[PDB]
Colleague: 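There's a structure below that I have some questions on.
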2 protein chains.
Amino acid sequence: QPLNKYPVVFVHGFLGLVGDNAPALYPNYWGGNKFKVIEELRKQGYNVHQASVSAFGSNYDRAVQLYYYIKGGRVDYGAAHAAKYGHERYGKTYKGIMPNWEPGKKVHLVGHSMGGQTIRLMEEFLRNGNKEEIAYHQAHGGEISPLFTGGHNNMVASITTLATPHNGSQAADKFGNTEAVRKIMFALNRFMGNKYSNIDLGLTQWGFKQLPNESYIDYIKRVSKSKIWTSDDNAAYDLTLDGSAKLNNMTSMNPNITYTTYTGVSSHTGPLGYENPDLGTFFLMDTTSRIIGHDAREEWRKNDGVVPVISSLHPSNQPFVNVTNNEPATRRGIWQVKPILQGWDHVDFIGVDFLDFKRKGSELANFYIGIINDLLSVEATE
Amino acid sequence: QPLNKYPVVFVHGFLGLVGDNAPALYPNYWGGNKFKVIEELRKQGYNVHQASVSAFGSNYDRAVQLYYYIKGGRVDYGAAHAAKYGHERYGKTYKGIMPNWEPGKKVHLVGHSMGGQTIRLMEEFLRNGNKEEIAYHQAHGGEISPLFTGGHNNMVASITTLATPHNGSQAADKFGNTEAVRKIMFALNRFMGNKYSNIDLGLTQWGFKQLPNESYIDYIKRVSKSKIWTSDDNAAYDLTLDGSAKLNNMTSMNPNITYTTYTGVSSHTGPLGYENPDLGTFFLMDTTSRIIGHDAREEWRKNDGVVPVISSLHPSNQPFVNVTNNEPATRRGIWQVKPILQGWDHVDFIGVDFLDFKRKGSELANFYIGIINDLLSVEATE
Ligand SMILES: OC1(c2ccc(Cl)c(C(F)(F)F)c2)CCN(CCCC(c2ccc(F)cc2)c2ccc(F)cc2)CC1
Ligand SMILES: OC1(c2ccc(Cl)c(C(F)(F)F)c2)CCN(CCCC(c2ccc(F)cc2)c2ccc(F)cc2)CC1
Ligand SMILES: CCCCCCCCCCC(=O)O
Ligand SMILES: CCCCCCCCCCC(=O)O
Ligand SMILES: CCCCCCCC(=O)O
Ligand SMILES: CCCCCCCC(=O)O
Ligand SMILES: CCCCCC(=O)O
Ligand SMILES: CCCCCC(=O)O
Ligand SMILES: [Ca+2]
Ligand SMILES: [Ca+2]
Ligand SMILES: [Cl-]
Ligand SMILES: [Cl-]
Ligand SMILES: [Cl-]
Ligand SMILES: [Cl-]
Ligand SMILES: [Zn+2]
Ligand SMILES: [Zn+2]
């Protein structure tokens, strides 16, 4: 039936709210009003889906969630993890987009920003399990999620990342992951946990869901005991240079996966060799783009508004090859780095910068069809 | 005390809310965060004030309000006017910025956008009165506002307009003044008339103030009988080409007043000769700028986002002279048209386009100091 034999799953980044989980008025993550990625690709007979995972969660939490989004079932963050960081072991339960998913039946994964990292970690679990959970179920018995076992191979065909901060971002180091702003993010999570809320910002495993019979004051009190406030098991940390490195150190190349990356630049070189945001950089990334572009290390300055170019091209100590826009991106085992997209900012990739006339919908539709083509190629070269 | 012998009054345009009449979070009309016009000019020892008049009212209503803003007293729209259009004769009562205002004590008037038109009409009344009101107080006796008398001369030194649609705007013709959107504007006015509201959008004379003991349902009912819904005595109409023409036809040059205009361009010529908004044009003017720039008459296309250049330069049927930036603008009796400011949009003039880094505060401060200088010149060349 569908033109693509393996389904394509699009994995949003940090703060990503998609589908039924967005506010009443809110931009549409995958494509904005420029190109309705899911709807349009479907009209053209491609099987495509958009995952919904934790907007504020760590990559670990998101990676677990992603698995359950595809496979269906009750999120199991694993007993050891839960115990280490101090959050619920079990989480939401998902219908499952592909309940038969197992070695043999494959999926294409494309991830925007932090979605890139999430995809990589999930494949890690599939192939090589989770050591701490294997170890814990060794010592203490019990049931273990298959996700954490290892040996599940031949389940992901491609990993493709749009503006992913593979090597982290100064924006996280010097802003996002600071004390003051973590407290804000957590407060937002606390609030949207109120008994009148219909959105899930993704930190409920930490106890940010008010019980229907509990006062807001008791809620505040209950939840201020949560480890979330001082924990590292959260998105803000995973986006730092340290945080991202950790994930790099614990991942490896799957030689049957077709790995490909895209990158944007949206800064320009200023008086002293520092980088400043172009007019056209979506305005909410103004300050981050300046923090990044004023980095002491010079090669860390060119940025797309929140991710510097070094960070996006490839995870820094993994194999990569520079690639052409015309040549087929068909090499397994190595990070095929597509040429930098001049004047695309972080959010241009998902078409939500309605302020930027220079980034037209027909352009964005080419880009996504581009990606589907590459994917079709991967399918045809097995 | 003050470096300027005659006070400078800045008159905001359509939708203009200033001072104590703005919402909790709301941009500051005169200068935004770029250059606090009123506060800064004062720090440098200039006597300057910001008028507060009807945001949605006709030029007539605003002109009357302006007079009372300066002079102090209870707004009197005049009995014949009130009767003709079908709205309260009396309105808010103003403390008075300048209680002694009379021939001999003069004021400098600078108006942004529709503020330009309002200033023109008020001076007309001062000099040549209102015929309808003269006539009606003839037939039916009573008291008459001094504004409508005529013969009050030598009271305004200068009229200076920033991006005023002297000849109206297609944006009004094809959008602002349509049936559907007038109804929206009026609903907003109706709502902000509620008994919990602290802002005055300027249409209360039409009955849009809920009485403290009246239900919202009775309010809706009472007010749906108001002439406002189908009247022309409103801003949206006065901003149309017809509407603006009417004011042109009934105004004339006072040869002791120093008339000066500024204009912005913020569109660029496309493939087929039509004009499109530059990146940098404040985003709320996107659609208007396209409507204007796609006009059949070609000379009506270059625009600042909502006002086409033909409209801003000078009222089309009145005397004007092109001027240089250095040429001191000191000619009485004729519209001294300053050279177009390239890449200034409608709102750049008042510094509220926080999205536009290209428009710096130091630039805006020069422009305003510019204006004060010209005014000082007018003072010194009497
Ligand atoms: O700040 C971002 C970030 C990314 C990575 C890192 Cl590492 C960091 C860090 F480190 F600094 F914290 C920060 C995340 C979100 N930012 C703006 C969000 C846009 C928003 C939007 C976009 C897509 C949607 F589906 C829904 C809403 C929106 C709002 C209003 C609107 F009119 C249009 C769009 C861009 C970058
Ligand atoms: O729409 C406008 C118009 C003008 C003339 C005509 Cl003729 C027509 C018509 F009729 F054709 F439709 C329409 C009026 C106001 N528009 C945008 C409002 C700006 C707003 C602002 C401005 C001044 C303030 F003191 C405070 C806020 C604001 C909002 C948010 C923000 F982040 C910054 C500024 C621009 C043009
Ligand atoms: C009859 C009064 C209800 C008007 C409709 C809603 C207005 C909002 C009231 C604001 C507030 O209570 O702070
Ligand atoms: C408050 C000034 C009038 C602007 C109306 C047009 C804007 C609607 C387009 C949607 C958007 O703002 O993204
Ligand atoms: C991110 C802001 C959410 C918008 C709230 C407006 C709701 C409404 O008026 O229906
Ligand atoms: C098109 C109507 C505009 C008001 C609501 C949209 C706000 C948003 O961009 O989320
Ligand atoms: C940009 C429109 C301003 C209208 C003022 C208000 O809604 O209170
Ligand atoms: C928070 C983003 C700016 C305002 C968006 C809009 O009015 O469409
Ligand atoms: Ca952009
Ligand atoms: Ca601008
Ligand atoms: Cl939210
Ligand atoms: Cl499995
Ligand atoms: Cl919830
Ligand atoms: Cl009121
Ligand atoms: Zn966790
Ligand atoms: Zn009136």
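Chain naming is simple here: A for the first sequence line, B for the second, and so on down. Chain A is numbered as in the PDB entry; shown residues: 4-385, in order. Shown for chain B, in order and in the PDB entry numbering: 4-385. Order of listing sets the numbers, starting from 1, for every ligand and every atom in it.
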Colleague: From the contacts in this model, which chain binds ligand 2 most extensively, according to the PDB entry?
Modeller: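 Most heavy-atom pairs belong to Lipase 2.
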Colleague: Name of the drug or drug candidate at ligand 2?
Modeller: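 The drug there is penfluridol.
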Colleague: Please list, by chain letter, the other chains with any heavy atom under 4.0 Å from penfluridol (ligand 2).
Modeller: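 By heavy-atom distance, the answer is B.
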Colleague: Which nucleotides or residues of neighbouring chains are within 4.0 Å of penfluridol (ligand 2) (non-hydrogen atoms)?
Modeller: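 Heavy atoms within 4.0 Å: B:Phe17, B:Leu18, B:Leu20, B:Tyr29, B:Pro30, B:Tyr32, B:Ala174, B:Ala175, B:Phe178, B:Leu242, B:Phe285, B:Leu287, B:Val309, B:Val355, B:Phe357.
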Colleague: Are any non-hydrogen protein atoms located under 4.0 Å from atom 2 (C) of penfluridol (ligand 2)?
Modeller: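 No.
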Colleague: Give the residue and atom name of whichever protein heavy atom lies nearest to atom 7 (Cl) of penfluridol (ligand 2), and the separation in Å to one decimal.
Modeller: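 Checking every protein heavy atom, the shortest distance to atom 7 (Cl) of penfluridol (ligand 2) gives B:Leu242 CD1, 3.5 Å.
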Colleague: How far is atom 4 (C) of penfluridol (ligand 2) from its nearest protein heavy atom, and which residue and atom is that?
Modeller: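 Here the closest protein heavy atom is B:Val309 CG2, 3.9 Å.
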Colleague: Tell me: protein heavy atom nearest atom 30 (C) of penfluridol (ligand 2), and distance?
Modeller: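 That would be B:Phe285 CZ, 4.0 Å.
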Colleague: At a 4.0 Å threshold, what atoms of penfluridol (ligand 2) neighbour a non-hydrogen atom of B:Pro30?
Modeller: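 Listed by number with element, the hits are 25 (F), 26 (C), 27 (C), 31 (C), 33 (C), 34 (C).
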Colleague: Which neighbouring ligands or ions fall closer than 4.0 Å to penfluridol (ligand 2)?
Modeller: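 Answer: ligand 4 (undecanoic acid), ligand 7 (hexanoic acid).
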Colleague: Quick test: of every protein heavy atom, which one is nearest to atom 18 (C) of penfluridol (ligand 2), and how far off is it to 0.1 Å?
Modeller: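 So the nearest neighbour among protein heavy atoms is B:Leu287 CD1, 4.3 Å.
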Colleague: Among protein heavy atoms, which lies nearest atom 23 (C) of penfluridol (ligand 2), and at what distance?
Modeller: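 Heavy-atom neighbour on the protein nearest atom 23 (C) of penfluridol (ligand 2): B:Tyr32 CD1, 3.5 Å.
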Colleague: Using a 4.0 Å cutoff against the non-hydrogen atoms of B:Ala175, which atoms of penfluridol (ligand 2) qualify?
Modeller: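 Taking each heavy atom of B:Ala175 in turn, penfluridol (ligand 2) has 11 (F) under 4.0 Å.
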Colleague: How far is atom 32 (F) of penfluridol (ligand 2) from its nearest protein heavy atom, and which residue and atom is that?
Modeller: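 Atom 32 (F) of penfluridol (ligand 2) sits closest to the protein heavy atom B:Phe357 CE2, 2.7 Å.
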Colleague: What are the atoms of penfluridol (ligand 2), with element, lying closer than 4.0 Å to any heavy atom of B:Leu20?
Modeller: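 The list of qualifying atoms is 25 (F).
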Colleague: Could you check whether atom 20 (C) of penfluridol (ligand 2) has a protein contact, counting only heavy atoms that fall below 4.0 angstrom?
Modeller: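 Answer no: nothing from the protein, no heavy atom, is under 4.0 Å.
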Colleague: Which residue supplies the protein heavy atom nearest to atom 10 (F) of penfluridol (ligand 2), what is that atom called, and how far is it?
Modeller: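 Going atom by atom, the protein heavy atom closest to atom 10 (F) of penfluridol (ligand 2) ends up being B:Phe17 CE2, 3.7 Å.
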Colleague: Under 4.0 Å from a heavy atom of B:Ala174: which atoms of penfluridol (ligand 2) are those, numbered in the order shown and with their elements?
Modeller: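 Here the atoms of penfluridol (ligand 2) in question are 11 (F).
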Colleague: Within the 4.0 Å heavy-atom shell around B:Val355, which atoms of penfluridol (ligand 2) are there?
Modeller: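 Counting from 1, the qualifying ligand atoms are 33 (C), 34 (C).
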Colleague: Could you find the nearest protein heavy atom to atom 15 (C) of penfluridol (ligand 2) and give me its residue, atom name and distance?
Modeller: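 Answer for atom 15 (C) of penfluridol (ligand 2): B:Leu18 CD2, 4.1 Å.
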